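Below, a PDB structure including fosinoprilat.
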Amino acid sequence: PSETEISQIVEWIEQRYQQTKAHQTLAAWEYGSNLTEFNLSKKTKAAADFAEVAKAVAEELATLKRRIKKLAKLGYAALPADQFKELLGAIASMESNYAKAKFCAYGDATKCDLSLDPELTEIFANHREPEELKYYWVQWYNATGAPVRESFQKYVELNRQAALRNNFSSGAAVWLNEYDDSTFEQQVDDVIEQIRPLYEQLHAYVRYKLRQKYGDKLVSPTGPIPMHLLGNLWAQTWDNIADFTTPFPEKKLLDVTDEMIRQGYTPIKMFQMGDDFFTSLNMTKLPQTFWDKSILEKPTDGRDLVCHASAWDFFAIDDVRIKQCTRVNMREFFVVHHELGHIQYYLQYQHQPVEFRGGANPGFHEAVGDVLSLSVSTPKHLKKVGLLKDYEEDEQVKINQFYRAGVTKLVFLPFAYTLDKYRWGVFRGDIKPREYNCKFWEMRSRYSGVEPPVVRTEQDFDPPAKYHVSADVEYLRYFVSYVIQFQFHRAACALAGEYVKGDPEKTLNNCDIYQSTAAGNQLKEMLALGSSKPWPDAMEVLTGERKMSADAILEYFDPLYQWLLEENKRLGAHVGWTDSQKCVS
Ligand SMILES: *[C@@H]1O[C@H](CO)[C@@H](O[C@@H]2O[C@H](CO)[C@@H](O[C@@H]3O[C@H](CO)[C@@H](O)[C@H](O)[C@@H]3O)[C@H](O)[C@H]2NC(C)=O)[C@H](O)[C@H]1NC(C)=O
Ligand SMILES: O=C(O)[C@@H]1C[C@@H](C2CCCCC2)CN1C(=O)CP(=O)(O)CCCCc1ccccc1
Ligand SMILES: [Zn+2]
């Protein structure tokens, strides 16, 4: 047979394999927004009904050769139907336990309807009572972590079996194989080192001021930071305390909260301003199928659902939905853009076959939305839209401008790095089950300098307390994002004439790229490829480079770096930390 002959058959397998994706995807959405035993029994069926399809599509099998092997990645479909159900069953048992968790208020046993979103999320983000933050910290982990230890161990062994039947060493080889570059696990390690001098200086700064506020008894000047004081359950972002520990408080903030309240903001209003951005870039306009079938507010009926913001692609055409329990605050506003970046990416490669209907690599997907967040963060873009007015950006302000960006986005790179670095150690057998917990906190202490609020033990199993852990969702994507999103932001700040390496008062940190079609067109082209071309090619269409480069982000925070170096010295603050003793064996 000729080239077209083999291609004439794949297209017949493209659709047949693409329909059961939507069936399995739609059934996954039902259980995603309506946690019911009935919906779980239907999600796993469409999955099993799908695995039967992928299993058969494999044996039945330049662009061509890619498809013949890009459509056969079983994933977990290599296991027998009984083990396939057993794997997804253990996973859902963790995600279910994660989204259904409810808690009793601190000091009130009669009120026991508190949930992660909104109560717990906003308690940590705004309460400055240590004993309270600690109480909710233990309650959250003892409820979402250890109770699913047994289900997790089952999920691991089957994830490893699937990796073997797919011809791989362990689960780690799978997630890494997604980036298709044996020299990538080492690339990441290199970038973290390039970031360590900056993060530690910022870490020391935060710790000292956290010691100012709460006192020395609660914050050791030489030990890791109690993570429950960083305004976030997982300490992945410290934005919720940026104002609480700001360099110069007698300055203008960038909360953009009350001015969202004053101007009567609604969850739908926010998403509109997001659609308003992509359109200005000559990109896709948010369709109506999204306005209808999406969930942009926590349902006030009482069902059980996964409030963890997400964006879905049911394949087919133009059916894009976002499930986010939105609230009125600046933090949520950026969460929207991250989800919209996922929706946009769907609309760009929807004209591709089922194989190439995905981002170049997991990093691109997560990065898209945050790239706009970089421009929105700027006062320039916030000043255009009333949210930000009378903002006399001084030199100090630009420090707070660089500071917030650090405690918000910089501290997240070490966090995202440790997550997958740990799971890889569990898949590769480097972490025995008898030491699951204290090896996790050992990494969190080493690479982020934060420790639990109370002494944990191996009886506890805290990793599942993170959504992505209980849901089996790779997190390195979020790390790669925070590295490439500055490269994209760079090549997008240059095509909008908003960045020239050296530009004094036209900084790469104040680069607002609204109404830039040239940047959009080039962005549309990269997203259009999806998984059609290797990610180096997609990497080049927009950035011009073909490798992940920390030069962008390193240039972003260098102004903050120089102020921390000079400031930590004067403040007489300690840098670095001793090992954490908050986990015993
Ligand atoms: C969350 O999922 C559950 C599934 O366990 C949904 O229950 C289902 O609700 C629909 C109606 O929304 C039921 O269909 C109805 O059947 C009656 C006859 O009994 C018919 O007259 C109605 O026109 C409608 O077709 C369905 O039977 C029911 N399934 C089960 C197993 O109870 C629930 O509605 C979902 N929640 C939300 C908020 O969507
Ligand atoms: O909160 C977190 O932990 C991270 C970081 C944060 C992000 C946006 C705000 C600014 C900081 C970075 C938000 N988020 C997300 O995972 C949101 P998603 O759309 O990727 C959610 C991706 C998971 C999709 C899924 C759902 C069900 C089954 C399988 C897969
Ligand atoms: Zn994402």
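We number chain A the way the PDB entry does; in order, the residues shown are 36-96, 107-630. The analysis underlying the following values was restricted to heavy atoms, covering all of them including side chains, and did not include hydrogens, waters or symmetry mates. Looking at the header, which is where the method is noted, we find X-ray crystallography, 2.5 Å. Numbering of ligands and ligand atoms starts at 1, following listing order.
- The ligands or chains attributed to fosinoprilat are ligand 2.
- The main partner of fosinoprilat in this structure, judged by heavy-atom pairs under 4.5 Å and named as in the PDB entry, is Angiotensin-converting enzyme.
- Other-chain residues and nucleotides with a heavy atom under 4.0 Å from fosinoprilat are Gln281, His353, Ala354, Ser355, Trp357, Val380, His383, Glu384, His387, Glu411, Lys511, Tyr512, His513, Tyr520, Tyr523, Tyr527.
- Considering backbone and side-chain N/O atoms, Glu140 never comes within less than 3.5 Å of an N/O atom of fosinoprilat.
- Fosinoprilat places these atoms under 4.0 Å from at least one heavy atom of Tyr520: 2 (C), 3 (O), 4 (C), 5 (C).
- Looking at fosinoprilat, you'll find an N or O of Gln281 within less than 3.5 Å of one of its N or O atoms.
- Protein heavy atom at the shortest distance from atom 17 (C) of fosinoprilat is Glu384 OE2, 3.2 Å.
- For fosinoprilat, the atoms closer than 4.0 angstrom to any heavy atom of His387 are 19 (O), 20 (O).
- Among the ligands and ions shown, the ones besides fosinoprilat lying under 4.0 Å from that drug are ligand 3 (zinc ion).
- For atom 12 (C) of fosinoprilat, the closest non-hydrogen atom on the protein side is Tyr527 OH, 3.5 Å.
- Looking only at protein heavy atoms, the nearest one to atom 29 (C) of fosinoprilat is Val518 CG2, 4.4 Å.
- Closest protein heavy atom to atom 3 (O) of fosinoprilat: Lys511 NZ, 2.5 Å.
- The distance criterion of under 3.5 Å between nitrogen or oxygen atoms is not met by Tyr512 with respect to fosinoprilat.
- Considering backbone and side-chain N/O atoms, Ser355 never comes within less than 3.5 Å of an N/O atom of fosinoprilat.
- Listed by atom number, the atoms of fosinoprilat under 4.0 Å from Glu411 heavy atoms are 20 (O).
- Under the 4.0 angstrom criterion, atom 6 (C) of fosinoprilat counts as lacking any protein heavy-atom contact.
- For atom 21 (C) of fosinoprilat, the closest non-hydrogen atom on the protein side is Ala354 O, 3.3 Å.
- The shortest contact between atom 13 (C) of fosinoprilat and any protein heavy atom is with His383 CD2, 4.4 Å.
- Of the protein's non-hydrogen atoms, the one nearest atom 9 (C) of fosinoprilat is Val380 CG2, 3.8 Å.
- For atom 14 (N) of fosinoprilat, the nearest non-hydrogen atom of the protein is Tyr523 CE2, 3.7 Å.
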